[PDB]
Structures are given as structure tokens and as C-alpha cells.
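Below is one structure, written out as C-alpha cells; the observations come after it.
Chains: A, B, ... assigned top-down by sequence line. Following the PDB entry, chain A shows residues 88-412, kept in their order. Residue numbering for chain B follows the PDB entry, covering 86-411 in order. Counting convention: from 1, in listed order, for ligands and their atoms alike. Recorded method for this deposit: X-ray crystallography, 1.6 Å.
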Amino acid sequence: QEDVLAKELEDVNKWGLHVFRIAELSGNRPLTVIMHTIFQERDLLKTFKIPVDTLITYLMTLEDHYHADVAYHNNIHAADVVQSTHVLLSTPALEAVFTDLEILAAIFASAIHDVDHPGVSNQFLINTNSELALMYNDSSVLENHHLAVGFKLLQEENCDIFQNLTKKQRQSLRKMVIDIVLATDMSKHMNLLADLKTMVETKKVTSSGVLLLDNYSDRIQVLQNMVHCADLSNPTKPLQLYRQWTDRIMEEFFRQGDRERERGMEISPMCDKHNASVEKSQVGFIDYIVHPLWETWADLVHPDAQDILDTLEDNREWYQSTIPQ
Amino acid sequence: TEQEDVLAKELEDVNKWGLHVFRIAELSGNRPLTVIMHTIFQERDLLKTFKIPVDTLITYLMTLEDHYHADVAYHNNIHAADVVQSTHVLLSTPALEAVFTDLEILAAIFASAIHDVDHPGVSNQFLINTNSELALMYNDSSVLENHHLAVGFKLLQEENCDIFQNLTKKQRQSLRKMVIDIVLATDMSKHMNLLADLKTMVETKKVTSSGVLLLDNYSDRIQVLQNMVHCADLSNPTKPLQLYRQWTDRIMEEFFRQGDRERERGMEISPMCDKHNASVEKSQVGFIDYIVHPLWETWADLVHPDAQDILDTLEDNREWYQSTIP
Ligand SMILES: CCOc1cc([C@@H](CS(C)(=O)=O)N2C(=O)c3cccc(NC(C)=O)c3C2=O)ccc1OC
Ligand SMILES: CCOc1cc([C@@H](CS(C)(=O)=O)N2C(=O)c3cccc(NC(C)=O)c3C2=O)ccc1OC
Ligand SMILES: [Mg+2]
Ligand SMILES: [Mg+2]
Ligand SMILES: [Mg+2]
Ligand SMILES: [Zn+2]
Ligand SMILES: [Zn+2]
């Protein structure tokens, strides 16, 4: 009787789910149990006639293709982005904006968006003349690979969770998922944020402040920025969670810097364990990337993101206080 | 090697629009891409400039040429050789004299050589609609063109194939980026935006005191090279009619073989791919009117009047195909 796990999963609609605890309690299956919970919570198995055993088989297969020896880009991160997207989809300002297929696409994209990540950056893969960068012509190398793996796994035995979608539903979902995962490439962050800003400046809402998004171009942009916000949500979580994410990304960066040092490569910024300032890097990350993004998101869904933005600002203040004068 | 004498004579035409490329394919033992690339590299002194060992060049070209499908009617080594030679002529246009660097010239020619390698003879849309491994690998986005680049670059790593072994690291990095930008621009889903941008450049074009195009940033330079190789890829209707008609015969065979695969699957046969219900001549007139002439009249504007004879041939060939309809 793993009662504690079911207790933890009752917070699946809350920012700040104890995802490391869930990873522990589920036998390192946070992506499987959290995806399954969210699918039940959104009635997605009945809406898209997904057989429960096919869902569980695909989810375990997918989760198996996240590397257990990568400190950050692993199945716990995938589960975290899934659950974060699931909460952002319920923003009151986005009520009635997205179809069931759009909701399914955003959640599936979040689950697969880093699958088979090797724990090094696109630039490292390009600079080492990797087989991945040769395959993908140096362009969104990892993100194209995550998509290819995520979709390829649906072809394994009893893994096609979309088997009862119509032909046209499958084509539409595939296009949306590709557009969403490719937008998680940080080389696209600035263009994405500029478009989110444009939308905020021209946003149409109801009298009760709910966004009105009529064309696909605008809806997919909001979905791209939503999953991007979820991918960049660690500094907006309660500090005890955030500090664990910082420990993990820094371990991954340092392992990349050790591969670089050994090859005699230039050690990438923040990747040198002998010359790193973890706390200054987090404050810079918040000041130049995370807070501009989440402040713009909060304007789009004004005022529903205020608690999230409050947490980010508290955490920035705390990390800054750990830097001595 | 009377045959070798005849081949050498034919290769004296490598600077001319209308080279007898099908004859060269036969005379060279089905090595048109190898012999035309080698001729062009010698003509432009590229082996000396980039310290390319001649045996490495031939080894790579032969391997690249082998990775074109000898059993595909249109997208084979003869098409690659033709696009290479057509780009080589376009690079020599008076309006571009001394404009491009040796590395940019190398990039345009190499891109043309690899730009369709390992083409299976079916379209991107067919590969997407049939859930192919290629479309799965490339997320339905420029599926073939990404594959052609990955193959063309990967083959440089085979034994004695690295023709760029003596470039600097900065040269190799620059060449790789330019080649990717050029081959990705041969995806027809990019044609309309590529043409729109070329028109904008023509409308705003600056010429130097010597009368050549002024291109003073990467964006403009790569855009011209992208459209140049796209024009070469879309050059069949601008060639002498006896060449053009052979290219039409070949693309229609390839289309019909695709539509037969779509028939043997219950799919809606793609337009122009139904050998039981095609109009070859109407399709060429449509191709020229909606794609090839809008492109080439704009290229002709950019380099005016350098390409006037090419444009005149295109317009004559359009009239000829039109005359076969009534
Ligand atoms: C101080 C950075 O902190 C974090 C960074 C990240 C991730 C998000 S991503 C979607 O994987 O790119 N991230 C960046 O945003 C980023 C920008 C530039 C370079 C860079 N990588 C290297 C190897 O240089 C990264 C990087 O890996 C996640 C969590 C973090 O802190 C908890
Ligand atoms: C009447 C068309 O004639 C020709 C077409 C082509 C080629 C050039 S490409 C760079 O390979 O795309 N081409 C198109 O431009 C085109 C547009 C849309 C669909 C299409 N394919 C299918 C299966 O529908 C094609 C197509 O294969 C080359 C030579 C041709 O005539 C000599
Ligand atoms: Mg990622
Ligand atoms: Mg072959
Ligand atoms: Mg092509
Ligand atoms: Zn991620
Ligand atoms: Zn071609």
C-alpha cells in the first residue's frame, strides 16, 4: 500500500508538487505516474479512446529513454515540465482558448521534449562533430532528436496511444507537437519572447479578462511559450525544489565542462567547476531570461500568474542574499 | 580511348549553357558528376587554392556519385552534374565578377554537387504521408534536403574522402554553414518566400563603380547564392529544347512511378503523378508560368542584361510546349 504516493499526487494541480518525492515513491517512475494522473484528471483517456495499458506501456518505454545518469535532463525534469504545463493550461485567463487536441498536444510535447538527452548542449554536439549534429545539420539538434525518439517509440508493441485518433487528428497533433518541442531550443527564446510581447500589446479579452485567440498562429505561439515557461519554471518553484534543480543543472554543466577540459576544448560558460559562481549565475539567469519571460507571461494572463511571479522574485532575492559584498 | 578523346572534347563546353550533359554521362561511363566536378575544379584552380589532393577529390566525387540512385529517372547523378555545371555558369555572370570569395564559390559548387544525393525518387509529401523513416527522423521539415546534406557531409569522413582537409577551422565552419543554407533553400516549400526576398533585393539593388552587385553582409551574399543554386535546380526549361524535353521525360517517369506507389496503397494519386490521366504539356506550361519564369525573370533582373539569352530560351520553350496543346 503506497498510500503516500497517492497523497502526493493529490497536489498534481498545484504549482510546487513534490516531484522528487514522487520520483522516490514511484520507484523512479515520476513521468509515468504523473502523466497517468494528468490523463485521468483531464479525462483524456475517454476523450481520445486511449487504452490504459497502451498508455502505461508507452509511458514506461518513453521514461526508459531518459538517461538515469544525466543529473538534470532526465525523467524527473520531463515529469516536472509535464505537470507545470498541466497547471498553466488551467490558467483562468486561458479558459476556453484551447481545444482538447491542443491540450493533448501540449502535454504530450512536454513529456517527450527532452527524451534521450545526453546531458550536453547543442553547441557541444556541434563542436565535437557528433553524429547528432551531422544528422540535423547543426539546427535544433537535440530538439529534433527528442521529437524523432518520442514519435518513434509509439511504433513499439502496444505503444500507439494515438491509435484511435482520426487520421486528421493525428496529422494535426503531430504538427503541433513538432512546433512546440522545436520552440524549446533556447536559440529561439528571444524571438519567442518578442512574439509573446507583441501578443500582450494587442491582446483581446472578454469583459471577464479571458484571452480571445482566433487563429492558429496565435494559439500555437501561446502553446510554444507555455511549454517554454514550464521548461524554464525551476526558479519560480518553492525554494526547496528550485535549489535541487540548481544542484542538478550545475552537476550536468560541470560534467560537460570536464569532457571539454579533457578534449582540450574551451570550457563553456558556467561549466568550469574550478571557476564557477552558482549563485551569481542563477541571479543572472533570472534577471536576463526567466523573469523577462515570466513577467511577459504574467501580463498575458494578468493577474493569474501573480503567485508564480511572487515566488520567482522571492527566490531571486534569496539567491542574491547568498552572494557576499 | 577514342571515347576519352570525345569526352574531353565535350568537356570543353563546361562554361556554356547547354552542355551535352547526357552525352557526357554516357562517354564518362556514368560518371558525369565526377568528370564535370573535376573539370570545374581545375578550371577555377580550386585544387591549388584549397590544397585539395587530386586523388582525394576523385575518391570523394566517385563515392558521392555512387550515392545517387542509378535507378531513379530524374533525381540521379546526371541531374546533380547538370545543377553543378549550371551553377558554375551562373557564378561567372559579369554582374558578379569578383563579388564572391573562393570559399563562397567552393560552397556554391559543393552544395550543388550534394544537393540531391540519395534521393529516393519520391517527394517530401509522399515521404510524410507514408510515415517513412526519413520523415520520422526529420519531423516532416525539409525531409529530403536535410538528408541530402547529412549524406553529403558524412561521406567526407570515408577513407581518403576529406576534400576539405587543408581548409582552416574557420574556413570549414563557414563553408559548412553556407552549404547548409544553400541546400535547405532548394526545398520547394521555401520557393515563394525565397522569390519574394529576391524581388525585394532587385528593387533595392546597389551596384558598385565597376557595375557589379554590391553585397556587403552575409544575409545578402547567402541569399544570392541560395537563389543561384535554386535557379540552377530549376533550369531545365531554360535549356536548349532537346535537353529540356529529356528532363521532362525523366521527371514524368519519376512522377508516374510515385503515383503508381500511391495507387498500390489506396492514396489519392498526387497531381501529375497519374500515368492514366496526366497532361505533360499543360503541366510544363503551368510549371514555367507559375514557378520557373517568375524566378528566372527576377534573376535576369538582378544580373540584367547578363541572362537575357537564357530568359529568351525559356520563353521560346514555353511557346513551344504551349503550341503542342491545341
Ligand atoms: C544558470 C542557468 O541555470 C539553468 C539553466 C537551465 C537550462 C534550460 S535549457 C532549456 O536546457 O537550455 N539552460 C539554459 O537556460 C541555458 C542558457 C545558456 C546555456 C546553457 N547551457 C550550457 C551548457 O551552457 C543553458 C542551459 O542548459 C535550466 C535550469 C537552470 O537553473 C536551475
Ligand atoms: C511539371 C513539373 O516539372 C518539373 C518539376 C521538377 C521538380 C523540381 S524539384 C526541386 O525537384 O521540386 N518539381 C517541382 O518543381 C515540383 C512542384 C510541385 C510538386 C512536385 N512534385 C510532385 C511529386 O508533385 C514538384 C517536382 O518534382 C523538375 C523538373 C520538371 O520539369 C522538367
Ligand atoms: Mg531541451
Ligand atoms: Mg547509387
Ligand atoms: Mg532536391
Ligand atoms: Zn527541458
Ligand atoms: Zn535538384
Q) By the name used in UniProt, which chain has the largest number of heavy-atom pairs within 4.5 Å of ligand 2? A) 3',5'-cyclic-AMP phosphodiesterase 4D
Q | ligand 2: drug | A | apremilast
**Q.** Other chains with a heavy atom under 4.0 Å from apremilast (ligand 2)
**A.** B
(Q) Could you tell me which UniProt domain of chain B does most of the contacting with apremilast (ligand 2)? (A) PDEase
(Q) Taking 4.0 angstrom as the limit and counting only heavy atoms of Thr333(B), give me the atoms of apremilast (ligand 2) inside it, by number and element. (A) 32 (C)
**Q.** Under 4.0 Å to a heavy atom of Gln369(B) - the qualifying atoms of apremilast (ligand 2), by number
**A.** 1 (C), 2 (C), 3 (O), 31 (O), 32 (C)
Q. For apremilast (ligand 2), which atoms have a heavy atom of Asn321(B) less than 4.0 angstrom away?
A. 29 (C), 32 (C)
Q. With atoms numbered from 1 as shown, which atoms in apremilast (ligand 2) lie under 4.0 angstrom from a non-hydrogen atom of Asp318(B)?
A. 10 (C)
Table of N or O contacts for apremilast (ligand 2), cutoff 3.5 Å:
unit_1                : atom_1 : unit_2    : atom_2 : d
apremilast (ligand 2) : 3 (O)  : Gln369(B) : NE2    : 3.1
apremilast (ligand 2) : 11 (O) : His160(B) : NE2    : 3.2
apremilast (ligand 2) : 31 (O) : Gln369(B) : NE2    : 3.0

